[PDB]
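Drug present: UCN-01.
Lettering of chains proceeds alphabetically from A, tracking the sequence lines in order. By the PDB entry numbering, chain A shows 301-305, in order. Since chain B takes its numbers from the PDB entry, the residues it shows come out as 3-43, 51-273. Method on record in the header is X-ray crystallography, 2.0 Å. Below, all heavy atoms of this structure are taken into account, side chains as well, without hydrogens, waters or symmetry copies. Indexing begins at 1, ligand by ligand and atom by atom, following the structure's order.
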Amino acid sequence: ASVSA
Amino acid sequence: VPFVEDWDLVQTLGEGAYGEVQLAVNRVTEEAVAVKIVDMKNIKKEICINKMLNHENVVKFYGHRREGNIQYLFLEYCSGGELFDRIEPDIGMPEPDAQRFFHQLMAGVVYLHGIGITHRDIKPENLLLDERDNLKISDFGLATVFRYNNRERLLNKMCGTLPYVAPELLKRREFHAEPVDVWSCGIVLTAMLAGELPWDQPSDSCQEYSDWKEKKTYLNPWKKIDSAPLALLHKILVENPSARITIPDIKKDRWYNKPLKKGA
Ligand SMILES: CN[C@@H]1C[C@H]2O[C@@](C)([C@@H]1OC)n1c3ccccc3c3c4c(c5c6ccccc6n2c5c31)C(=O)N[C@@H]4O
């Protein structure tokens, strides 16, 4: 899992 | 520089009915940050308050982002974990370490009150530590503004955690925000020095609380606390919020200013 800034 | 905006969620820091908090590591820089993820299915207020916070003993806010029904709040990561885990059950911790943590807690609280913000849920589980064991006040989900345009607003909503809540919250319809946080800090100090909470709640129906008001300090947890810090506690855990010691005076307290902890 990941996210963007 | 491509990829610098990518973050990998490598670990779950905390969960619960509200969403989750993940440890995120920057794909390029490897910088670590905490990301609170909330399923919109409150938030707006927490963000507003977080944008106001800039102090070494308060978790910093880096920004927010959302994708439909999910909000992502980027916050300073405190690898040290909860102060709660540094407390030995029924024991506490070395008095010098507790004094240092208390000093930092006061600094954070003085700062918050200075900008008119009250945390409302101060307890060891919400006080985090960084890699150098520096205390960071975290989770402003229950926080609110008690002073705006130099005008104080009395509170009336019951918020917090029973063992840490001030008696006026349960006995009066309205109350001043500041003495409430002061009280909480006193309960946190008790925990750090005795490794146990004095009462389930500060009400006359609670035997432990009645004993304290009756000054039976020969009972636990008071008997495990040295006379110097106990004297301070006698001034903080005062039922009448108007008579309770204020932070400026806590800073003048004897134990508060007693040399105990060697530098790192
Ligand atoms: C009650 N203990 C929990 C421990 C765990 O998750 C919680 C939900 C609580 O910490 C306040 N939690 C939050 C809740 C709301 C906003 C921010 C945070 C947060 C941050 C962090 C951590 C954290 C770091 C290391 C171990 C457990 C942790 N927990 C949190 C956070 C963090 O480092 N930054 C965020 O402020």
- Task: Report, using the naming of the PDB entry, the chain with the greatest number of heavy-atom pairs under 4.5 Å to UCN-01 (ligand 1).
- Result: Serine/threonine-protein kinase Chk1
- Query: Heavy atoms under 4.0 Å from UCN-01 (ligand 1): which other chains do they belong to?
  - Reply: B
- Message: Help me out - I need the UniProt domain of chain B that holds most residues contacting UCN-01 (ligand 1).
- Response: Protein kinase
- Query: Taking atom 25 (C) of UCN-01 (ligand 1) as the point of reference, which of B/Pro133, B/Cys87, B/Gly150 owns the nearest heavy atom?
  - Reply: B/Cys87
- Task: With heavy atoms only and a cut-off of under 4.0 Å, state how B/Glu85 meets UCN-01 (ligand 1): side chain, backbone, both or neither.
- Result: backbone
- Task: Select one of side chain, backbone, both or neither to describe which atoms of B/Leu84 lie under 4.0 Å from any atom of UCN-01 (ligand 1), heavy atoms only.
- Result: side chain
- Which UniProt ATP-binding residues in chain B pass a heavy-atom distance cut-off of 4.0 Å to UCN-01 (ligand 1)? B/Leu15, B/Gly16, B/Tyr20, B/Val23, B/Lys38
- Message: I need the atoms of UCN-01 (ligand 1) closer than 4.0 Å to a non-hydrogen atom of B/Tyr86, numbered in the order shown.
- Response: 24 (C), 33 (O)
- In the protein, which heavy atom is nearest to atom 21 (C) of UCN-01 (ligand 1), and how far is it? B/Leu137 CD1, 3.4 Å
- Item | atom 4 (C) of UCN-01 (ligand 1) - nearest protein heavy atom and its distance | B/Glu91 OE2, 3.3 Å
- Report yes if some N/O of B/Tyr20 lies less than 3.5 Å from some N/O of UCN-01 (ligand 1); otherwise report no. no
- Message: Among all protein heavy atoms in this structure, tell me which lies nearest to atom 6 (O) of UCN-01 (ligand 1), with the distance rounded to 0.1 Å.
- Response: B/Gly16 CA, 3.5 Å
- Query: N/O to N/O below 3.5 Å, does that happen between B/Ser147 and UCN-01 (ligand 1)?
  - Reply: yes
- Which other-chain residues have at least one non-hydrogen atom less than 4.0 Å from UCN-01 (ligand 1)? B/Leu15, B/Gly16, B/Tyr20, B/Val23, B/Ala36, B/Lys38, B/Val68, B/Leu84, B/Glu85, B/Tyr86, B/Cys87, B/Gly90, B/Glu91, B/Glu134, B/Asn135, B/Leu137, B/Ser147, B/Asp148
